[PDB]
**Q** 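There's a structure below that I have some questions on.
For chain A, we keep the numbers from the PDB entry: what you see runs 5-260, in order. In each ligand, atom 1 is the first atom listed, and ligand 1 is the first ligand listed. Atoms considered below: every heavy atom in the structure, side chains included; atoms not considered: hydrogens, waters and symmetry mates. So this one's X-ray crystallography, 2.3 Å, going by the header.
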Amino acid sequence: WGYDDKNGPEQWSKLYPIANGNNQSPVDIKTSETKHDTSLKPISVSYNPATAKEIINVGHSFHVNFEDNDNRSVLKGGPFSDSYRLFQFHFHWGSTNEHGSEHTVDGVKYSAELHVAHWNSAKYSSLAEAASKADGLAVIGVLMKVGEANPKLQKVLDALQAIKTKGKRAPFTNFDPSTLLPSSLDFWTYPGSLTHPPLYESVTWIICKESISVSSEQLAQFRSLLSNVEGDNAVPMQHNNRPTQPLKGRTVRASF
Ligand SMILES: NS(=O)(=O)c1ccc(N2CCN(CC[C@@H]3OCCc4ccccc43)CC2)cc1
Ligand SMILES: [Zn+2]
């Protein structure tokens, strides 16, 4: 599976029939069709920078993984009774600045999207068990609008030179990803899925109303990462964004 013509999001249903399910992500948030929900608490993030572990080139993208053995790094509040434990963050981006986000707002595409992924450690023992469960994952999505260089991205961008090719990894320590989140934590939420295979309908999405910035040059650094293993012909990671999927009667709630 991948993002190419031959293995891309249009082909995914062949290997993963859930691709055409009823709770697929991402979606276009229509602001006129959302519903202010009264019982949504604010989002509380409390991350410990010592839980940052490793940055990895996975060939379609790159992941920053966290230690998830205890509750040092948690997401609380919003639509949740339970505490969710941080395990990874990553980005999606497009061929050019014109597209790149997975979620769209009133049909407007942003240049990139930040995902912060968490698992339900109140109800399940591991990521392995939580990952396939209706209530198992919580991902925060932040839309990234092309403009001014984002200095909080610097430590991430500075690490990419050590994981240029597929399978390469390095230590990535002493990092609190709440520093990447926008000042306002006003959000939308809907029940949904992983935006790539295995596409489990296990995700409660938290989509920030406020965007963060990224430069054209910072997006060039993402696209300068390589999908091939060391010594093969260089294949740039041009894009890794899935097109928006039908709501199929689901309701997007707003905190605001
Ligand atoms: N773009 S996104 O934010 O929707 C997003 C997409 C994919 C992920 N991945 C990590 C979590 N997923 C859990 C399933 C995983 O792979 C299958 C085997 C297996 C075994 C044991 C434990 C876990 C797993 C895998 C992909 C996370 C977030
Ligand atoms: Zn993602």
**Q** Which drug is recorded at ligand 1?
**A** sonepiprazole
**Q** Per the PDB entry, what is the name of the chain that shares the largest number of close contacts with sonepiprazole (ligand 1)?
**A** Carbonic anhydrase 1
**Q** What makes up the binding site of sonepiprazole (ligand 1) if contacts are defined by heavy atoms under 4.0 Å?
**A** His94, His96, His119, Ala132, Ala135, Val143, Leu198, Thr199, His200, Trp209
**Q** For atom 7 (C) of sonepiprazole (ligand 1), state whether the nearest protein heavy atom is under 4.0 Å away.
**A** yes
**Q** Give the numbers and elements of all sonepiprazole (ligand 1) atoms closer than 4.0 Å to a heavy atom of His96.
**A** 1 (N)
**Q** What is the closest protein heavy atom to atom 3 (O) of sonepiprazole (ligand 1), and at what distance does it sit?
**A** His119 ND1, 3.2 Å
**Q** Under 4.0 Å from atom 13 (C) of sonepiprazole (ligand 1), is there at least one protein heavy atom?
**A** yes
**Q** Identify the closest protein heavy atom to atom 10 (C) of sonepiprazole (ligand 1): which residue and atom is it, and at what distance?
**A** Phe91 CE1, 4.0 Å
**Q** Help me out - which UniProt domain of chain A has the most residues in contact with sonepiprazole (ligand 1)?
**A** Alpha-carbonic anhydrase
**Q** Tell me the protein heavy atom at minimum distance from atom 9 (N) of sonepiprazole (ligand 1), and give that distance in Å.
**A** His200 CE1, 4.5 Å
**Q** Would you mind pulling out the UniProt Zn(2+)-binding residues of chain A that have any heavy atom less than 4.0 Å from sonepiprazole (ligand 1)?
**A** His94, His96, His119, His200
**Q** Using a 4.0 Å cutoff against the non-hydrogen atoms of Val143, which atoms of sonepiprazole (ligand 1) qualify?
**A** 3 (O)
**Q** Starting from atom 28 (C) of sonepiprazole (ligand 1), which protein heavy atom do you reach first, and at what distance in Å?
**A** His94 CE1, 3.8 Å
**Q** Look at atom 25 (C) of sonepiprazole (ligand 1) and say which protein heavy atom is nearest, naming residue and atom and giving the distance to 0.1 Å.
**A** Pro202 CD, 4.3 Å
**Q** Under the 4.0 Å line, does any protein heavy atom show up next to atom 18 (C) of sonepiprazole (ligand 1)?
**A** no
**Q** Among residues of chain A listed in UniProt as binding substrate, which lie with some heavy atom under 4.0 Å from sonepiprazole (ligand 1)?
**A** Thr199, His200
**Q** In the deposited model, what is the covalent attachment point of sonepiprazole (ligand 1) (residue and atom)?
**A** none
**Q** Looking only at protein heavy atoms, identify the closest one to atom 15 (C) of sonepiprazole (ligand 1) and say how far it is in Å.
**A** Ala135 CB, 5.0 Å
**Q** Nearest UniProt active-site residue of chain A to sonepiprazole (ligand 1), heavy-atom distance to 1 Å.
**A** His64, 7 Å
**Q** For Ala132, take its heavy atoms, then give the atoms of sonepiprazole (ligand 1) lying under 4.0 Å from any of them.
**A** 21 (C), 22 (C)
